[PDB]
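Drug on board: evobrutinib.
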Amino acid sequence: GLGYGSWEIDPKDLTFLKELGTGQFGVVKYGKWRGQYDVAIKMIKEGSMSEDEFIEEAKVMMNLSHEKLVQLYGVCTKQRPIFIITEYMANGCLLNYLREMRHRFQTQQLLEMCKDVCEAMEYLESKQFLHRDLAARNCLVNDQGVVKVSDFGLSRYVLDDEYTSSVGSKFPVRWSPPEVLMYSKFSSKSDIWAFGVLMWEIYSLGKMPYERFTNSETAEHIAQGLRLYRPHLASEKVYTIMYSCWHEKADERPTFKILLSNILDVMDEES
Ligand SMILES: C=CC(=O)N1CCC(CNc2ncnc(N)c2-c2ccc(Oc3ccccc3)cc2)CC1
Ligand SMILES: [Cl-]
């Protein structure tokens, strides 16, 4: 109502119910909006974000809508810290979910996780929206086991320079193609590369990519044209798909539409 634009939520409409933990922007909570509707509430720690730029971008993000993409409901910006209000994902981050051996996943479930993410990424690609830090740690799982892509584009607004470039100690080296590590060339094809690494994370039940190497050693390995190798749970057909994401030449990597088609073909063949 009065005093709030379409991208703005009135924080007075929030009830806080459970803490979900802390990330590099600070705390995240589960709660209700206007008594009834489940939401997650990400509270942005002071000094961590380029806030005015993020708020303008939130307007764009409000217009993104896909069943496998975490939905932004709005932001609370009149106060500090500012809040990001989203759809609630009850089963938490995909990385931790994969590492819980009790799930005893079938490979058909792992392929479905890959398909969920691929659908979201195909949608983002159709909107010429880059994720810029796709990884299992960024994906979330809902109470139905569906995986959704989260934190899309958010790295653009992080002020901690340890996160923002390769020469940084917290940059996602292990999800980056050679042209990003060598020249900072981001594109649709760097999201493709990262998706391949994510498929490897899924099929490896959440192992760290290049687990015996440091980031510096990983960058060398990649630069010399070497790659991750096949997880035990991946069939040769699944491995072919993830490996196609790692062509040295960016232009030879598939699109998300093509990857989706390839994933559906394998599901059909492995059903
Ligand atoms: C391995 C990772 C890890 O330990 N965790 C647990 C803690 C942390 C919980 N966060 C959430 N937990 C449940 N549901 C949610 N919706 C969110 C959530 C809310 C808001 C978000 O912000 C954005 C969303 C989309 C665009 C941009 C911004 C992002 C996520 C993340 C994953
Ligand atoms: Cl949920």
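Note that chain A carries the PDB entry numbering, so the residues on display, from first to last, are 389-659. Values reported hereafter were calculated over all heavy atoms of this structure, with side chains retained and with hydrogens, waters and symmetry mates removed. When a ligand or atom number is given, it counts from 1 through the structure's own listing order.
All instances of evobrutinib together account for ligand 1.
Contact analysis gives the chain with most pairs under 4.5 Å to evobrutinib as the one UniProt calls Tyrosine-protein kinase BTK. Residues of other chains with a heavy atom under 4.0 Å from evobrutinib: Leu408, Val416, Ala428, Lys430, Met449, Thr474, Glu475, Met477, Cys481, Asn484, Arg525, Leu528, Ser538, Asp539, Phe540. The nearest heavy-atom contact from the protein to atom 19 (C) of evobrutinib is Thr474 OG1, 3.3 Å. Between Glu475 and evobrutinib, an N or O atom pair is found at a separation short of 3.5 Å. For atom 8 (C) of evobrutinib, the nearest protein heavy atom lies 4.0 Å or farther away. Judged by heavy-atom distance, the UniProt dasatinib-binding residues in chain A that approach evobrutinib within 4.0 Å amount to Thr474, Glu475, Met477. Scanning the protein for heavy atoms near atom 12 (N) of evobrutinib, the closest one is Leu408 CD1, 3.7 Å.
Among all UniProt-designated active-site residues of chain A, the one at the smallest non-hydrogen distance from evobrutinib, rounded to 1 Å, is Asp521, 11 Å. If you check which protein heavy atom lies closest to atom 21 (C) of evobrutinib, you get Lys430 CE, 3.4 Å. What sits closest to atom 25 (C) of evobrutinib on the protein, heavy atoms only, is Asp539 N, 3.4 Å. Listed by number with element, the atoms of evobrutinib under 4.0 Å from a non-hydrogen atom of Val416 are 10 (N), 11 (C). Set against the non-hydrogen atoms of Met449, the atoms of evobrutinib under 4.0 Å away are 26 (C), 27 (C).
There are UniProt clofedanol-binding residues of chain A with a non-hydrogen atom under 4.0 Å from evobrutinib, namely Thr474, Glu475, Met477.
The bulk of residues of chain A touching evobrutinib reside in UniProt domain Protein kinase. Closest to atom 3 (C) of evobrutinib among all protein heavy atoms lies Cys481 SG, 3.0 Å.
What sits closest to atom 31 (C) of evobrutinib on the protein, heavy atoms only, is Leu528 CD2, 4.3 Å. Of the protein's heavy atoms, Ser538 OG, 3.5 Å lies nearest to atom 30 (C) of evobrutinib. The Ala428 neighbourhood of evobrutinib comprises atoms 14 (N), 15 (C), 16 (N), 17 (C), 19 (C), with distances under 4.0 Å to a heavy atom of that residue. Distances below 4.0 Å separate heavy atoms of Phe540 from the following atoms of evobrutinib: 25 (C), 26 (C). Looking at atom 13 (C) of evobrutinib, its nearest protein heavy atom turns out to be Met477 O, 3.4 Å.
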